[PDB]
Amino acid sequence: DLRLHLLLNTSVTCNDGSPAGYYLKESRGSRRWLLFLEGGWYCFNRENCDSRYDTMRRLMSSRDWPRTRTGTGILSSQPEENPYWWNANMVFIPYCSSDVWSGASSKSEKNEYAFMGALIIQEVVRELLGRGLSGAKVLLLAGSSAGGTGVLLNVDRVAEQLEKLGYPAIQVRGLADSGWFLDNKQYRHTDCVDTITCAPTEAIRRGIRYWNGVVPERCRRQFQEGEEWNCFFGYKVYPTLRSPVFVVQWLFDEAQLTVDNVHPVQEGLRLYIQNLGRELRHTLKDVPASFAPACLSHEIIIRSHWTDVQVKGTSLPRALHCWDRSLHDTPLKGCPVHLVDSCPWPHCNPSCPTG
Ligand SMILES: *[C@@H]1O[C@H](CO)[C@@H](O)[C@H](O)[C@H]1NC(C)=O
Ligand SMILES: CN1CCC[C@H]1c1cccnc1
């Protein structure tokens, strides 16, 4: 099991001012550390944050968190469930900032909610340095859905943080699961009359202002003031990243359909789905390490059945293992790192998750 630690710096808080924290399972004699960012949408104004606080409160507060958590999938310590990194030090960072891990704005007389996701990550890293992370060889910052996009937004800041603190030996890497989305499937990109039908790019624009959100510096310098929302989209922020990042992305992500307002399928829907898979495949063509199955699904890496999905005969744990080998101080025979399905329809891959 992973054991809860609430941050000693109680000024780095969840949305409601309760302390943020992390679940930790130490593995003495391992110099590999996996920090997993939980996902779970976001809120972007007072009214829909209030709604989230009423019926999704564990995503906004630590008050009701359990003392322990069971590590599953890539967080499992059993080699059967986790052929990749079962012996690693395991950290699960709960998502309680509702800001796609981008916020740097505390509560006050003007802010009723605190949005500190980017600061929570930095504070967890700081505390872990005193619990063995100072001796690490690899820190893998992983995450699913909003946590996957969180990886893209934060992996280079963790690398810079560890360099400035005097730990240049730790190799910081990223693993972004279901965090890679397209912004091009919209009739209107700026209308936001209600929360549910708000355009995805407009929701992010509003969120960034509400959260005092921060994006990676090289990406921010490209798109400049007011256009930081661009850096939430993988194909725009990825080329600016210096840290190695492995991208896990279903070709037909259920959250992509949701932000596109897409729910016997006829020609219009068939063309949308087939074009979506082709466009996602195209955006991944120059990502060196990726795993992108032709499935309609959402998230994978902390699901116990993540061992079972295969692309071109290679499982996700094996792909990550080959990625590890590729980064040890020319492709590898029988150990591929770039695995993107070419077939054009959900479940054309027979290993897709069911239900
Ligand atoms: C707590 O975190 C805040 C935000 O990063 C920082 O400004 C402050 O110096 C920290 N204080 C301590 C005691 O760690
Ligand atoms: C960051 N989120 C994860 C799942 C969907 C993604 C997203 C991207 C852009 C606008 N809203 C949500």
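The PDB entry numbering applies to chain A: residues 88-350, 355-420, 427-452, in that order. All heavy atoms count here, side chains included; hydrogens, waters and symmetry mates do not. Just follow the structure's listing: the first ligand is 1, and inside any ligand the first atom is 1. Recorded method is X-ray crystallography, 1.7 Å.
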Next on the checklist: What drug are we dealing with at ligand 2, do you know?
Outcome noted: (S)-(-)-nicotine
Item to check | Chief binding partner for (S)-(-)-nicotine by contacts (from the PDB entry) | outcome: Palmitoleoyl-protein carboxylesterase NOTUM
Next on the checklist: Just to confirm my output: which protein heavy-atom neighbour is closest to atom 1 (C) of (S)-(-)-nicotine, and how far is it?
Outcome noted: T236 OG1, 3.3 Å
Checklist entry - Out of curiosity, is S232 lining (S)-(-)-nicotine, as in a heavy atom under 4.0 Å away? => result yes
Checklist entry - What does the entry say the source organism of chain A is? => result Homo sapiens
Checklist entry - For (S)-(-)-nicotine, does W128 get within less than 4.0 Å through its side chain, its backbone, both, or neither, judged by non-hydrogen atoms? => result side chain
Checklist entry - Which of the numbered atoms in (S)-(-)-nicotine are below 4.0 angstrom from a heavy atom of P287? => result 10 (C)
Next on the checklist: Below a 4.0 angstrom heavy-atom separation, can you tell me which part of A233, side chain or backbone, both or neither, approaches (S)-(-)-nicotine?
Outcome noted: backbone
Checklist entry - Closest UniProt active-site residue of chain A to (S)-(-)-nicotine, and its minimal non-hydrogen distance to 1 Å? => result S232, 4 Å
Checklist entry - With atoms numbered from 1 as shown, which atoms in (S)-(-)-nicotine lie under 4.0 angstrom from a non-hydrogen atom of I291? => result 9 (C), 10 (C)
Next on the checklist: What's sitting near (S)-(-)-nicotine? I mean other ligands or ions under 4.0 Å from that drug.
Outcome noted: none
Item to check | Per atom 9 (C) of (S)-(-)-nicotine, closest listed option by heavy atom (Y129, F268, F320, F319) | outcome: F320
Checklist entry - For (S)-(-)-nicotine, which residues make up the site at a heavy-atom cut-off of 4.0 Å? => result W128, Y129, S232, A233, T236, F268, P287, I291, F320, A342
